[PDB]
Undergrad: 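I have a structure I would like to understand better, so I am pasting it below and will then ask my questions one at a time.
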Amino acid sequence: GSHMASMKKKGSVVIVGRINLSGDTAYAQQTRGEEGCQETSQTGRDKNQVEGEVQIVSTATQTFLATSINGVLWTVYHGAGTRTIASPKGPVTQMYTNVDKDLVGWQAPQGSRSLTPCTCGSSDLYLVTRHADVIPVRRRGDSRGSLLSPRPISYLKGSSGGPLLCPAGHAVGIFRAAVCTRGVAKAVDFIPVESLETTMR
Ligand SMILES: CC(C)(C)[C@@H]1NC(=O)O[C@@H]2CCC[C@H]2OC/C=C/C(F)(F)c2nc3ccccc3nc2O[C@@H]2C[C@@H](C(=O)N[C@]3(C(=O)NS(=O)(=O)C4(C)CC4)C[C@H]3C(F)F)N(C2)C1=O
Ligand SMILES: [Cl-]
Ligand SMILES: [Zn+2]
């Protein structure tokens, strides 16, 4: 048995900032503080203006990234679970949910700009972190990319759901996991944009 009247309800994912890539410089902006975030998570009502392609998102327990591609705001399942995302009209239910791919997706919020899938097949990739780092990545497989310079896994923590981009800024994939050997990250694993387009069809 269970006491249903006391049964808690998980809050919504909340947009708390963005990675600005419109100008010549990449920098992160915070659009909502902790206090406002928690109330927005429980209300599901977020009246703030949304801009850009790469959002910073947070639950009450985790913070990560979400990327807009082909009208869908994508993130990772292990960060968002099955949660709604806050919006001006209230909590918005997931349009896509695939745990096998560690992928979820919502309707892209009004005011967001979607990235266009990459069609160049370039090996030179670039990972956008939550700190607005643009890290070069050499593509090694369908869902793998090698870090030109190995880093502590710390620097990539909280960047799942962020994008791997082509040289033209086209979306190549969604950062999902890291190839870690005892604390260091040598490569990254990502959801290919073609796997996104497969899920959408
Ligand atoms: C050792 C390690 C590096 C921690 C781990 N490596 C690893 O497993 O590599 C193997 C070998 C090559 C690919 C991968 O195959 C297994 C697939 C794992 C997965 F990703 F598909 C995943 N599916 C889930 C589905 C349902 C429920 C939970 C799931 N949990 C998963 O993975 C978990 C989480 C994921 C993670 O940390 N992602 C990142 C991140 O920043 N998250 S986050 O924003 O801070 C946060 C937790 C708030 C949301 C980008 C990496 C950053 F830190 F660099 N993990 C563990 C790892 O990366
Ligand atoms: Cl996949
Ligand atoms: Zn490209």
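So for chain A, numbering is the PDB entry's, and the shown residues are 980-1180, in order. We count ligands from 1, going down the list as the structure has it; atoms in each ligand are counted the same way.
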Undergrad: Do you know which of glecaprevir, vinorelbine, voxilaprevir, nystatin, eritoran got modeled at ligand 1?
TA: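 The drug at ligand 1 is glecaprevir.
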Undergrad: Give the name, as used in UniProt, of the chain with the most heavy-atom contacts to glecaprevir (ligand 1).
TA: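 Its main partner is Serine protease/helicase NS3.
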Undergrad: List the residues forming the binding site of glecaprevir (ligand 1), heavy atoms under 4.0 Å.
TA: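 Residues with a heavy atom in range: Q1041, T1042, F1043, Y1056, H1057, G1058, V1078, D1081, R1123, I1132, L1135, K1136, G1137, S1138, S1139, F1154, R1155, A1156, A1157, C1159, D1168.
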Undergrad: Measuring heavy atom to heavy atom, which UniProt active-site residue of chain A lies nearest glecaprevir (ligand 1), and how far away, to 1 Å?
TA: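 The closest UniProt active-site residue of chain A, by heavy-atom distance, is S1139, 3 Å.
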Undergrad: What atoms in glecaprevir (ligand 1) come closer than 4.0 Å to a heavy atom of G1058?
TA: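 Checking each atom against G1058, I get 49 (C).
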Undergrad: With heavy-atom distances below 4.0 Å as the criterion, list the atoms of glecaprevir (ligand 1) near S1138.
TA: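 Answer, ordered by atom number: 41 (O), 44 (O).
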Undergrad: With only distance considered, is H1057 within less than 3.5 Å of glecaprevir (ligand 1) through an N or O on each side?
TA: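 Yes; the residue has a nitrogen or oxygen that sits under 3.5 Å from a nitrogen or oxygen of the ligand.
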Undergrad: Which atoms of glecaprevir (ligand 1) sit under 4.0 Å from any heavy atom of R1123?
TA: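 Those of glecaprevir (ligand 1) that fall under 4.0 Å from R1123 are 12 (C), 13 (C).
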Undergrad: Please list, in number order, the atoms of glecaprevir (ligand 1) under 4.0 Å from a heavy atom of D1081.
TA: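 Within the 4.0 Å cut-off of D1081, glecaprevir (ligand 1) contributes 19 (C), 20 (F), 21 (F), 22 (C), 23 (N), 24 (C), 25 (C).
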Undergrad: Most residues of chain A in contact with glecaprevir (ligand 1) fall within which UniProt domain?
TA: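 In chain A, it is the UniProt domain Peptidase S29.
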Undergrad: Is the closest N or O pair between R1155 and glecaprevir (ligand 1) shorter than 3.5 Å?
TA: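 For glecaprevir (ligand 1), there is an N or O atom that lies under 3.5 Å from one belonging to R1155.
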Undergrad: Are any of the N/O atoms in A1157 less than 3.5 Å from those in glecaprevir (ligand 1)?
TA: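 N/O-N/O distance under 3.5 Å: yes.
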Undergrad: Between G1137 and glecaprevir (ligand 1), does any nitrogen or oxygen pair lie at a separation below 3.5 Å?
TA: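 Such a contact does occur with glecaprevir (ligand 1).
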Undergrad: List every atom of glecaprevir (ligand 1) that sits less than 4.0 Å from any heavy atom of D1168, numbering the atoms from 1 in the order shown and giving each element.
TA: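 Every atom of glecaprevir (ligand 1) under 4.0 Å from some heavy atom of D1168: 13 (C).
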Undergrad: Which of the atoms of glecaprevir (ligand 1) are close to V1078, meaning less than 4.0 Å from one of its heavy atoms?
TA: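 Here the atoms of glecaprevir (ligand 1) in question are 26 (C).
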Undergrad: Give the atom numbers and elements of glecaprevir (ligand 1) that come within less than 4.0 Å of a heavy atom of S1139.
TA: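 Selected atoms, number and element: 39 (C), 40 (C), 41 (O), 42 (N), 43 (S), 44 (O), 49 (C), 50 (C).
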